[PDB]
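Structure (with aliskiren).
FYI, the numbering just counts along the sequence from 1. When a ligand or atom number is given, it counts from 1 through the structure's own listing order.
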Amino acid sequence: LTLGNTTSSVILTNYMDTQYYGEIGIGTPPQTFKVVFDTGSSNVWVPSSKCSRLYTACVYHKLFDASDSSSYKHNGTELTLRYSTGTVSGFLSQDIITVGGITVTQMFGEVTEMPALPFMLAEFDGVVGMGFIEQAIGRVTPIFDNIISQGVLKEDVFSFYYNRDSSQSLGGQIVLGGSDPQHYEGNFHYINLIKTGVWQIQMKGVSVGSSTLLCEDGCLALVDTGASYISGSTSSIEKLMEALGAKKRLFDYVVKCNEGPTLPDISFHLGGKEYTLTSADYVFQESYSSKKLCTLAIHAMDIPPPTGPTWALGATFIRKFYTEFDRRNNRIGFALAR
Ligand SMILES: COCCCOc1cc(C[C@@H](C[C@H](N)[C@@H](O)C[C@H](C(=O)NCC(C)(C)C(N)=O)C(C)C)C(C)C)ccc1OC
Ligand SMILES: *[C@H]1O[C@H](CO)[C@@H](O)[C@H](O)[C@H]1NC(C)=O
């Protein structure tokens, strides 16, 4: 590990508080793509110009065309990426990628099969996995490992800032090689990784209102920058939602809008601190009418072993807590976002 003097930032766009993505350039000349920097996975991929137009998601997104890049290097190994809410398939390719001023030769997947659900609902084109090589499909070296190999980043860490963006403001920000003191206050508090190669930590309990109603025996929390909400197993969530008086729909839970401001606080016991969210933090309070339903930013999601079962702390959590991902010391640090 050779540290340097550099830190780079990528400005992110906030789409309706559910999708946070930035931009990257691939090839020569650069072909730009909107990508989610996802700590939940470790591969980089973008739709390919070889994706059948019968996949409507390929008709609606930017496609990488190897035939227009002079820095492209062929590989072709098949690759299938299975995420908890969708799958993409294609083959491996290599080219130079620019991420916030840093230029790195990276192997990424050219996706040729991209399902309408959920990709037709994606504002982003692709993904830049921020996880460890242990979780990389095909054992492909993750982009951050490749940047760290260059010995330019001041620190072997990267940080996330997600705004409550609502027209002339910064949707979010990723800092490669450190954090931005301008977006958090107080001190960072850390929790060591409960495992090797996954941004997952031990969670001591989850409380709703008065007491620790859930995760009483301890549980796992995966800090997922590529997730819109805080999710837990169906069991946990049914019990949580029971406590909230929320009603279960097909893909989410709602509450009569007038009841929203009434909902209790929900805390997550991580390491030495309690991380508390008020209803305002987890309710999409779009109305105060008892005649309208307001969705909650907390969902049920069952991740299978060996990673799951596990809670996933997504944008709902990150919006309140600036997050630093420390590879050097295998821990995650949270600070109050500002
Ligand atoms: C915060 O805004 C980011 C985008 C949110 O919106 C979407 C997120 C996804 C899923 C994420 C990916 C997940 N965050 C994923 O990383 C979750 C993890 C996962 O499935 N990882 C994949 C691997 C292969 C590592 C695995 N199965 O373990 C789980 C283990 C938590 C995208 C980056 C593809 C799909 C569609 C979306 O909007 C239309
Ligand atoms: C492409 O990539 C892998 C490394 O992930 C390499 O070792 C493999 O042999 C390459 N194959 C081809 C056909 O280029």
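In this structure, every copy of aliskiren sits at ligand 1. Bound to aliskiren (ligand 1) with the largest number of contacts is the chain that UniProt calls Renin. Among protein heavy atoms, atom 8 (C) of aliskiren (ligand 1) sits closest to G226 O, 3.4 Å. The PDB records the biological source of chain A as Homo sapiens.
Among all protein heavy atoms, the one lying closest to atom 28 (O) of aliskiren (ligand 1) is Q135 OE1, 4.0 Å. Remark: aliskiren (ligand 1) and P118 share no N or O pair separated by less than 3.5 Å (distance only, no angle test).
Of all protein heavy atoms, the one closest to atom 21 (N) of aliskiren (ligand 1) is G40 O, 3.0 Å.
Scanning all protein heavy atoms for the shortest distance to atom 24 (C) of aliskiren (ligand 1) gives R82 O, 3.7 Å.
In this structure, the protein non-hydrogen atom closest to atom 33 (C) of aliskiren (ligand 1) is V127 CG2, 3.6 Å.
By UniProt annotation, the domain of chain A supplying most contacts to aliskiren (ligand 1) is Peptidase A1.
For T307, no nitrogen or oxygen atom sits less than 3.5 Å from a nitrogen or oxygen atom of aliskiren (ligand 1), counting backbone and side chain alike. In this structure, the protein non-hydrogen atom closest to atom 2 (O) of aliskiren (ligand 1) is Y20 N, 3.0 Å.
Listed by atom number, the atoms of aliskiren (ligand 1) under 4.0 Å from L121 heavy atoms are 39 (C). Polar contact with aliskiren (ligand 1): absent for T85 (N/O pair, distance under 3.5 Å).
The distance from aliskiren (ligand 1) to the heavy atoms of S228 drops below 4.0 Å at these ligand atoms: 5 (C), 6 (O).
In terms of protein heavy-atom proximity, atom 22 (C) of aliskiren (ligand 1) is nearest to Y83 CD2, 3.6 Å.
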What are the distances between nitrogen or oxygen atoms of aliskiren (ligand 1) and protein nitrogen or oxygen atoms, counting only those under 3.5 Å?
unit_1	atom_1	unit_2	atom_2	d
aliskiren (ligand 1)	2 (O)	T18	O	3.3
aliskiren (ligand 1)	2 (O)	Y20	N	3.0
aliskiren (ligand 1)	14 (N)	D38	OD1	3.0
aliskiren (ligand 1)	14 (N)	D224	OD1	3.1
aliskiren (ligand 1)	14 (N)	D224	OD2	2.8
aliskiren (ligand 1)	14 (N)	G226	O	3.0
aliskiren (ligand 1)	16 (O)	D38	OD1	3.1
aliskiren (ligand 1)	16 (O)	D38	OD2	2.7
aliskiren (ligand 1)	16 (O)	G40	O	3.3
aliskiren (ligand 1)	20 (O)	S84	N	2.9
aliskiren (ligand 1)	21 (N)	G40	O	3.0
aliskiren (ligand 1)	27 (N)	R82	O	3.0

